[PDB]
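This file shows Cytochrome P450 monooxygenase YjiB complexed with testosterone.
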Amino acid sequence: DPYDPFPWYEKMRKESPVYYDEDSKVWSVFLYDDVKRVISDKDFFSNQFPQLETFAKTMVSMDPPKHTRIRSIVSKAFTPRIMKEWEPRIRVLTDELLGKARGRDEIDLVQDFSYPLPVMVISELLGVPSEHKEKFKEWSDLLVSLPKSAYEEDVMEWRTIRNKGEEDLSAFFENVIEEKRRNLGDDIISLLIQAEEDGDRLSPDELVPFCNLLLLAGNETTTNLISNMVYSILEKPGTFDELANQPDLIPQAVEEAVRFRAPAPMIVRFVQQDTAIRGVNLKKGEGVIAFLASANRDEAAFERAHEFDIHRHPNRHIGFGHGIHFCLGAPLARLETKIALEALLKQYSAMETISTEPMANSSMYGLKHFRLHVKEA
Ligand code: HEM
Ligand SMILES: C[C@]12CC[C@H]3[C@@H](CCC4=CC(=O)CC[C@@]43C)[C@@H]1CC[C@@H]2O
């Protein structure tokens, strides 16, 4: 199924590690060392997108020196001491969410927990008032939505609805930013307005797209990370109990979950200058797809790479990327995923995988549905 691409990754890692897809004229790297270099060697592999212009005004499609300046300003709202300030608040949202599924022996992890949590957390951290939370969730859904099919009529119908959602969401953020200027709070928008690098501040044209990027890059990744982590835990007997009895292994397990079932399987780069990888030449301009999922299953990088080992420490996966584009939200994803698993391991003494349905999203590795038989404590 689409939830087991790993045999194919292993095949590619052994048969065509650096593969050229003649049809699309795009490269694909699967070896850990090759993927690591493609996503980190900024001098030879760029993030800028020449042609085919969902990421464009964000720092994801930027290179230095433009990227460096915005990255150093947005980093001030995600420091370790800021993460500790959010912890208690995220714990309350999590308990409220898990609490609603009390009184049932079967739950759907996605619809009842993993999908709504990240939206609820980012909404709360962005200072979205409770009266506008329902409308904010709709906008977010439209932002991370994909068309029914590749049929051009279906694609054009979707673009119109998604472009209006983006316009209304952007306008909503535009007004919130101005309102927060005269009444600053502890919300991320308030923090970004006050952030300054020698007097250099983000403008409204850079602030609004960054807010959209937080939803775009953190909603489904976190949702899938939680889903994939729970699936990996229940897949290996005794692990659920092991984590419940020794709760300080959870962060390590979260890192192993990112290595075992990375929610973002591949990252995209564009050749900046002529170079080579494992006897094969890549010409400047060609698109490269670095498969993080395959790199984290590489047998030459990890011992017993096909086994979920919650005791691996340090974990050198590159599931959050590597280099100047290292996921800005990793501290929040790590915090949010830990709390989610802590809540599950406290509210339930036993959980059993009933059925799963993979997320149909091509560029994503996660579950649409995760039916679980559960026993409350
Ligand atoms: C939940 C698990 C997540 C995973 C596995 C993940 C993965 C990644 C990866 C691999 C990149 C590198 C992109 C590149 O090199 O082109 C990235 C970038 C980024 N992520 Fe995440 N992400 C996650 C969650 C989040 C969250 C929760 C947020 C925000 C709250 C977030 C915000 C960002 C941003 C802003 C960037 C751009 C960094 C830059 O371009 O400098 N991500 N993410
Ligand atoms: C990794 C990522 C999800 C997948 C994105 C990636 C940007 C590049 C990209 C190009 C595509 O056209 C498909 C999605 C991908 C592969 C995103 C940047 C951060 C986000 O989490």
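Positions are given from 1, in the same order as the sequence printed here. In what follows, every heavy atom counts, from backbone to side chain, and hydrogens, waters and symmetry copies are set aside. In listed order, ligands and their atoms are each counted from 1.
In the structure shown, the parts corresponding to testosterone are ligand 2. Residue contact check: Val268 has heavy atoms under 4.0 Å from atoms 8 (C), 9 (C), 10 (C), 16 (C) of testosterone. Short contacts between testosterone and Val60, defined as distances under 4.0 Å to a heavy atom of the residue, involve ligand atoms 18 (C).
For atom 15 (C) of testosterone, the nearest protein heavy atom lies 4.0 Å or farther away. Each of the atoms 1 (C) of testosterone lies under 4.0 Å from some heavy atom of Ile267. When each atom of testosterone is checked for a heavy atom of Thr221 under 4.0 Å away, the hits are 21 (O).
Per-atom contact check: atom 2 (C) of testosterone does not touch the protein, criterion being a heavy-atom distance below 4.0 Å.
Looking from atom 5 (C) of testosterone to the surrounding protein, the closest heavy atom is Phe55 CE1, 4.1 Å. Other ligands and ions less than 4.0 Å away from testosterone are, by number and name, ligand 1 (protoporphyrin IX containing FE). The PDB header gives the source organism of chain A as Bacillus sonorensis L12. The residue among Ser363, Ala264, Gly218, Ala290 with a heavy atom at the shortest distance from atom 13 (C) of testosterone is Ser363.
When distances from atom 21 (O) of testosterone to the protein are checked, a heavy atom turns up under 4.0 Å. Closer than 4.0 Å to atom 18 (C) of testosterone lies at least one heavy atom of the protein. For testosterone, the heavy-atom contacts closer than 4.0 Å come from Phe55, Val60, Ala217, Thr221, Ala264, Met266, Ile267, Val268, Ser363.
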